[PDB]
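Below: the structure, in C-alpha cells.
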Protein chains: 2
Amino acid sequence: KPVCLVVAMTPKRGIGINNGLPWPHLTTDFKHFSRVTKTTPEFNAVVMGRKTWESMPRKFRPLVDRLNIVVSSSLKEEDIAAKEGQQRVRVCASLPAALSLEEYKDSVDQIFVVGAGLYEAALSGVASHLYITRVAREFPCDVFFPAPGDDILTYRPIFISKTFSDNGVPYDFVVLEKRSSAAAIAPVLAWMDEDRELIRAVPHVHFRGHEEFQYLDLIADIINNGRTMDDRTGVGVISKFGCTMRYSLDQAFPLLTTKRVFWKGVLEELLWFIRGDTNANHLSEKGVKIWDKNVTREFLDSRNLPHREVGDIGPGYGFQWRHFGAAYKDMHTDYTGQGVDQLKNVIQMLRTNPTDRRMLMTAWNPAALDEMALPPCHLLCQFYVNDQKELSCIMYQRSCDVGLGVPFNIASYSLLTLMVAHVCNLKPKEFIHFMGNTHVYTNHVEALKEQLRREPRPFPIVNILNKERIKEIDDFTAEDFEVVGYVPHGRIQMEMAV
Amino acid sequence: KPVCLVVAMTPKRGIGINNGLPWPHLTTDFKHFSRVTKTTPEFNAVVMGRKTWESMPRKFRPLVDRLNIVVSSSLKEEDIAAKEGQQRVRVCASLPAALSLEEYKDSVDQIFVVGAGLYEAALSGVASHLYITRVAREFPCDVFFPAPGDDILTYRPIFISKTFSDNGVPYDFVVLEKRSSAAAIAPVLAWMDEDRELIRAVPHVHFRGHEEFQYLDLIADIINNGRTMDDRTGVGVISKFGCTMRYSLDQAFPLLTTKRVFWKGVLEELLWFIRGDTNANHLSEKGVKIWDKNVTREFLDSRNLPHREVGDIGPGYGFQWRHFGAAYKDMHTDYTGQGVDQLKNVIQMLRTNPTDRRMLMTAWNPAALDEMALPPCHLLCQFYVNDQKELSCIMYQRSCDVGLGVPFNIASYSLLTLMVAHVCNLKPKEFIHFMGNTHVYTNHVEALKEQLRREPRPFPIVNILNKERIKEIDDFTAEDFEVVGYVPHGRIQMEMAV
Ligand SMILES: NC(=O)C1=CN([C@@H]2O[C@H](COP(=O)(O)OP(=O)(O)OC[C@H]3O[C@@H](n4cnc5c(N)ncnc54)[C@H](OP(=O)(O)O)[C@@H]3O)[C@@H](O)[C@H]2O)C=CC1
Ligand SMILES: NC(=O)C1=CN([C@@H]2O[C@H](COP(=O)(O)OP(=O)(O)OC[C@H]3O[C@@H](n4cnc5c(N)ncnc54)[C@H](OP(=O)(O)O)[C@@H]3O)[C@@H](O)[C@H]2O)C=CC1
Ligand SMILES: C#CCN(Cc1ccc2[nH]c(N)nc(=O)c2c1)c1ccc(C(=O)N[C@@H](CCC(=O)O)C(=O)O)cc1
Ligand SMILES: C#CCN(Cc1ccc2[nH]c(N)nc(=O)c2c1)c1ccc(C(=O)N[C@@H](CCC(=O)O)C(=O)O)cc1
Ligand SMILES: Nc1nc(=O)c2nc(CNc3ccc(C(=O)N[C@@H](CCC(=O)O)C(=O)O)cc3)cnc2[nH]1
Ligand SMILES: Nc1nc(=O)c2nc(CNc3ccc(C(=O)N[C@@H](CCC(=O)O)C(=O)O)cc3)cnc2[nH]1
Ligand SMILES: O=c1ccn([C@H]2C[C@H](O)[C@@H](COP(=O)(O)O)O2)c(=O)[nH]1
Ligand SMILES: O=c1ccn([C@H]2C[C@H](O)[C@@H](COP(=O)(O)O)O2)c(=O)[nH]1
C-alpha cells in the first residue's frame with residue numbers, strides 16, 4: 001500500500017526550470033537520490049511523469065536497477081527501442097493506475113516517486129514518507145512543488161541531515177512522515193538510576209544530524225540539569241559550568257538558523273578584534289551597539305574607572321591579542337609597536353611550522369582586569385593542522401551567555417577560522433567550543449522555550465570574496481564576504497542583562 | 001536453574017571476621033544488596049549457611065520481601081519474630097538440597113546465595129553470575145573467599161560501577177559471568193556512514209561505568225581516529241586534537257589503576273607549583289626526575305638560553321601563578337611581592353564572591369615563552385561553586401601526552417581541587433579535562449593496548465590529614481595526606497620523547 005517521494009527543492013518550493021534542474025550538478029544529492037530508491041538492503045519502482053522522463057540524459061534514462069513507470073498519454077512504446085535484467089519500461093495512464101500495475105506486487109518491494117502535478121497527485125493518500133533535500137540557495141523556477149509548512153518561514157519531521165555543499169550550494173536532507181546475560185545485570189542499573197528531562201528540544205525529529213542541536217540540547221540540559229544561581233548583574237542565572245560544541249566548516253558555515261543570527265556585527269567585531277580597536281564608539285555608529293551598554297558613563301563609573309572616555313574598553317580583547325603586556329594609554333593612542341602581537345605569531349607559525357603545538361591566543365592577562373570595561377568572556381583559542389592541510393579551532397570561554405551571545409560568539413570564531421584558513425593557504429575543518437560557567441538568564445526562559453519549537457534549517461556557506469587580493473589577515477575588509485543561502489527563522493527578542 | 005552470588009570483599013578476597021563484617025557500615029552497598037535480590041520488574045530466594053544466619057541482628061534476620069533458606073544440620077527450630085506474613089522460613093541439609101526446593105519454582109524467579117564454605121561449594125557446579133562489591137581496602141579477616149584474578153594481581157566481567165564510598169571505604173560494584181517506521185530512515189543513514197583493526201578497551205565489559213574508561217577509550221579513538229604526525233622531538237605521534245574527560249570526586253579520587261600512577265611526584269610537583277620554585281634541582285633531590293629532562297645543559301642550550309643554571313625552568317607554571325608579568329631573575333631569587341598572585345585571588349574570591357565568573361589561573365603569558373624550558377601544557381584552570389557549596393574544576397591543556405603525562409596530569413589538578421575545596425571550606429564535586437592536540441607517541445603504540453587489557457579497579461579515596469592546622473593553601477605540607485585503598489596493576493613504563 002505505502003510509497004515514498006524524492007524531492008530536492010529550493011526553500012520556496014522550486015524544482016525545475018525550462019525542463020531541467022536549476023542547480024549546477026550537486027553530487028552529494030545524486031548519491032542520496034540513488035542510494036535511497038535503489039535499496040531494500042541488497043528491485044524498486046520509480047514512477048515519473050512524461051516531462052520528468054524528458055529532462056533526463058539519453059544514456060542515463062533507463063534509470064538503472066529499478067523499474068521505471070512513466071505517467072504519459074502520448075508516448076508509450078517509442079520509449080524503448082530508443083536499447084540484462086533491466087525491466088521493460090512501462091507507461092501508466094495515471095498515478096493511481098501506476099499503483100494498480102501490484103501483476104507487479106512482490107516483484108518490487110519499494111516504489112519511489114521521482115514530477116510536479118504528479119506530486120499533487122501523490123498527495124491527493126498514497127505516501128507516508130517524503131525524502132526531501134532542503135536546498136537553501138534559491139534559483140528561478142517555473143515548475144514549483146505543491147502545498148508541510150517550514151522549508152520557508154501533515155508530514156512530520158523525523159530526520160535532519162547535517163548540511164552539505166557542492167558547487168556553491170548548501171543543502172541538507174530531511175524526512176517527512178504522515179500523521180540470562182544482558183538483562184540479568186539490570187537489577188543494579190535499576191537502582192543507581194534516576195529517568196525522563198522532558199522539556200527537551202525537538203522530540204518528534206528522532207534522527208538529529210543537524211549540528212545545531214548541540215546548542216538546542218545545550219539549552220534543555222541547562223534548564224533541565226542546571227542550577228539557579230546569582231550573578232553580578234542582578235538577573236537570575238541557571239548554570240551547569242562546562243559544556244562543549246564542535247562544528248563542521250568543511251561544507252557549510254554554522255550560522256544559527258534557529259533564529260536570525262546577527263551576522264553583521266559578529267563580522268564587524270572580528271574586524272574590530274583584528275584591528276585592535278578599544279573605542280566602542282568606532283563600532284556603535286556602524287550600527288553595532290552590542291558594546292554600547294558596557295562602556296556608558298554610568299557603567300565605567302561602576303567599574304571604577306572614572307578616568308575613561310565613554311567607549312574605551314581599555315586593554316580588552318583584541319588589544320591583549322595584538323599588543324600583550326603593554327601599558328595601554330587611550331582609545332586614540334597608536335599602539336603599533338608595543339606589546340606581544342600574539343596574533344602575528346600564530347600565522348607566521350602556521351605557514352612554516354604547522355606541526356607546532358604553540359598556536360594560541362590568550363586574552364587573559366591577570367595584571368589587567370580592573371582596567372577593562374569587563375574582563376574577557378571568550379579568552380583563549382588554539383589552532384591545529386593535520387594530514388589534509390585542514391585548519392581546526394578550539395576557543396575557550398569563561399562565561400557563556402546562551403540566550404544571546406553564544407549564538408553570536410559562535411560565528412565570530414568559526415568566521416575567524418575561515419579567516420585564518422585562507423591566509424595560511426588551507427581548507428577549514430572544524431571549530432570547537434569549550435565553555436566556563438554555562439548559564440541562561442531567567443527572562444530568557446519563556447523565549448528560549450519557544451525557540452525550541454523550531455527546526456534547524458540547512459547552514460549557509462560563507463565565502464571569502466577577493467581571495468587573491470587578500471594575502472594577510474588585515475587585507476580582510478568588511479566587504480570581502482558572501483552570506484549565501486542563509487534561511488533564518490525569526491529573531492527572538494531576549495533582553496540583555498546590564 | 002543456574003544462579004547469582006552476593007559478595008562484598010577485599011582485594012585479597014577477605015569477607016568476614018569474628019562472625020561479622022570487617023568494614024564499617026557501608027550503606028551504598030547495603031542498598032545495592034537490597035535492590036538486587038528482590039526484583040525482575042514484577043519474590044526471589046536468599047540461601048545461606050548456618051553462621052551466615054547468626055550474623056544478622058534478629059531485627060534484620062528475617063530478610064524481608066524474599067525467601068530465606070539456610071542449609072544447616074545443627075539449627076532445626078527457631079522463632080525470633082515468627083505478619084501480611086508472606087515470607088515463610090525454611091531450613092535445609094545442604095545447598096544442592098536447597099536447590100531441590102522447584103514446589104517453589106513458581107513463586108520465585110531467581111535465587112541468590114549470600115557465605116564461605118557455601119561459596120566454595122556453589123562453584124564446586126551451578127552459578128553463572130556473581131554480584132560483587134569490590135572493596136578497595138583490606139582488613140583483618142579469617143573467613144576468606146575461594147579460588148579471583150581481578151581483585152588483585154571462568155567468570156568474565158560485564159559491568160563496572162563507578163567507585164562509591166562510605167565511612168572511608170571505597171568500593172566498586174562488579175558482575176562476573178560463566179563462560180514503527182524508521183525503515184524509511186535507514187536508506188539514508190546507510191550511505192552517510194559509507195568510512196565504515198579497531199582495537200578497544202575491554203570489550204567483554206559491556207556496561208562501562210567506572211570512569212577510567214574515558215581515558216582508555218581516549219586511547220582507542222586516538223590510534224583509531226588520529227593522524228600520523230611529526231612533532232617537535234622527532235618521535236612521531238597519532239593525534240586527534242580536541243578531547244575531554246570529567247571525573248567524579250565527591251566519593252573517590254580518580255587515581256588511575258590500569259597502570260600504577262606515579263603518585264609520589266604528582267603530589268610533590270603541585271606543591272612545587274604551589275611554592276612556585278623554578279629550580280628543578282630541588283625536585284630532583286626528593287627523587288622526582290620527570291623535569292630534570294628538559295633543563296639539562298644541553299636542553300637549555302637547545303632552547304637558546306646559554307645563561308640558565310641547569311634546572312631553572314624559567315618563569316614557568318608556578319611562577320606565572322603566584323607572580324604574574326614580573327621580571328624573573330634566577331631560580332634562587334626571592335621574588336616574593338612581585339607581579340600578580342593569581343592563585344591568591346582565587347581563594348580570596350571563593351570564600352567571599354563564589355557566584356563570580358572571574359575565578360581562573362592563566363599560565364599563558366606570551367610575553368614570556370622565549371625564556372622558559374618549555375611553554376606550558378596545563379595552561380589554564382577555572383573554579384566554580386553551585387548552590388551546594390561544592391567546587392568544580394576545569395583545566396585546559398594545550399598539549400597532552402596520553403601514555404605517560406595525562407595520568408599524572410589528571411591527579412595533579414584533581415589533587416589541587418581537593419586542596420582548593422578544603423581551604424575555601426567546601427566539599428569538592430568534579431574536575432574536568434579540556435585538551436588541545438591530544439596525541440600518543442608511536443613508541444607507546446604497543447605498551448598501551450597491553451594497558452587496554454587491564455580492568456579498572458575501584459578508585460582510591462584521598463584524605464587531607466591535619467585539616468585543623470591547615471587554614472590556607474600554604475599550610476599544606478607534602479605529608480598532610482594519605483592514599484587509601486589504591487590497588488594498581490603494575491606500572492608499564494613508557495619512555496619520554498626528549
Ligand atoms: N529537483 C527535483 O527533485 C525534481 C526536478 N525536476 C524538474 O521539474 C520539471 C518538470 O516537472 P513537470 O513540469 O511538473 O513535469 P512532470 O514530470 O510532472 O510531467 C508532466 C506530464 O506527465 C504527465 N502527468 C503528470 N501528472 C499527471 C497527472 N496527475 N495526471 C495525468 N498525467 C500526468 C502528463 O504527460 P502527458 O502530457 O504526456 O499526458 C504531463 O504533461 C523539469 O524542469 C524537471 O527537471 C523534475 C523532478 C524532480
Ligand atoms: N562481605 C560479605 O559479602 C559476606 C560477609 N559474611 C561473613 O562471613 C562470616 C561467616 O561465613 P562462614 O564462616 O563461611 O559461615 P557460613 O555462612 O558459610 O556458614 C557455615 C555453616 O553453614 C553450614 N554449611 C555451609 N556450607 C556448607 C556446605 N558446603 N555443606 C554443608 N553445610 C554447610 C554449616 O552449618 P552447620 O555447622 O550448622 O551444619 C557450616 O558450619 C561472617 O563473618 C559473616 O559476617 C557472610 C556473608 C557474606
Ligand atoms: C557574543 C558577543 C558579543 N556581544 C558582546 C556582549 C556584551 C555583554 C553581554 N552581556 C551579557 N549579559 N550577555 C551577552 O551575550 C553579552 C554580549 C554581543 C552583545 C549583544 C548582542 C545582541 O544584542 N544581539 C541581539 C541584538 C543585536 C542587534 O540586532 O543589534 C540579537 O540580534 O539577538 C550580541 C552580541
Ligand atoms: C604530566 C606531567 C608532569 N611531567 C612533566 C613532563 C615533562 C615533559 C614531558 N614530555 C613528554 N613528551 N611527555 C610527558 O608526559 C612529559 C611530562 C612528568 C614527566 C615524567 C613522568 C614520568 O616519567 N612518569 C613515569 C616514571 C616516573 C618514575 O620514575 O617513577 C611513570 O611512572 O609512569 C611523569 C610526569
Ligand atoms: N533529491 C533529488 N535530487 C534529484 O536530482 C532528483 N532528480 C529527479 C529527476 N532528475 C534526475 C536527473 C538525472 C538523474 C540521474 O542521472 N540519476 C542517476 C544518478 C547518478 C549517480 O548514481 O550519481 C541514477 O542512476 O540514479 C536522476 C534524476 C527527481 N528527484 C530528485 N530528487
Ligand atoms: N554486597 C554484599 N554486601 C553485604 O553487606 C552482604 N552481606 C551479606 C550478609 N550480611 C548482612 C548483614 C545484614 C544485612 C541486612 O541488614 N540487610 C538488609 C539491608 C538493609 C537495607 O535495605 O538497607 C536487608 O533487608 O536486605 C544484610 C546482610 C551477604 N552478602 C552481601 N553482599
Ligand atoms: O563574548 C561574550 C561576551 C560576554 N558574554 C556574556 C556572558 C556573561 O553572561 C556576560 C557577563 O560577563 P561577566 O559578568 O561574566 O563578566 O557576558 C558572552 O557570552 N560572550
Ligand atoms: O603537564 C604536561 C607537561 C608536558 N606534557 C607533554 C605534552 C607534549 O607531548 C610534550 C611536549 O611539549 P611541547 O612540545 O608540546 O611543548 O609534553 C603533558 O602532556 N603534560
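Here is how names work: the chains are called A, B, and so on, in the same order as the sequence lines, proteins then strands, and each is numbered from 1. Start at 1 and go down the list; that is how both ligands and their atoms are numbered. No hydrogens, no waters, no symmetry mates; every other heavy atom, side chains included, goes into these values.
Counting heavy-atom pairs under 4.5 Å, the chain with the most contacts to ligand 3 is listed in UniProt as Bifunctional dihydrofolate reductase-thymidylate synthase. Drug at ligand 3: CB3717.
The other chains with any non-hydrogen atom less than 4.0 Å from CB3717 (ligand 3) are A. The entry attributes the origin of chain A to Toxoplasma gondii.
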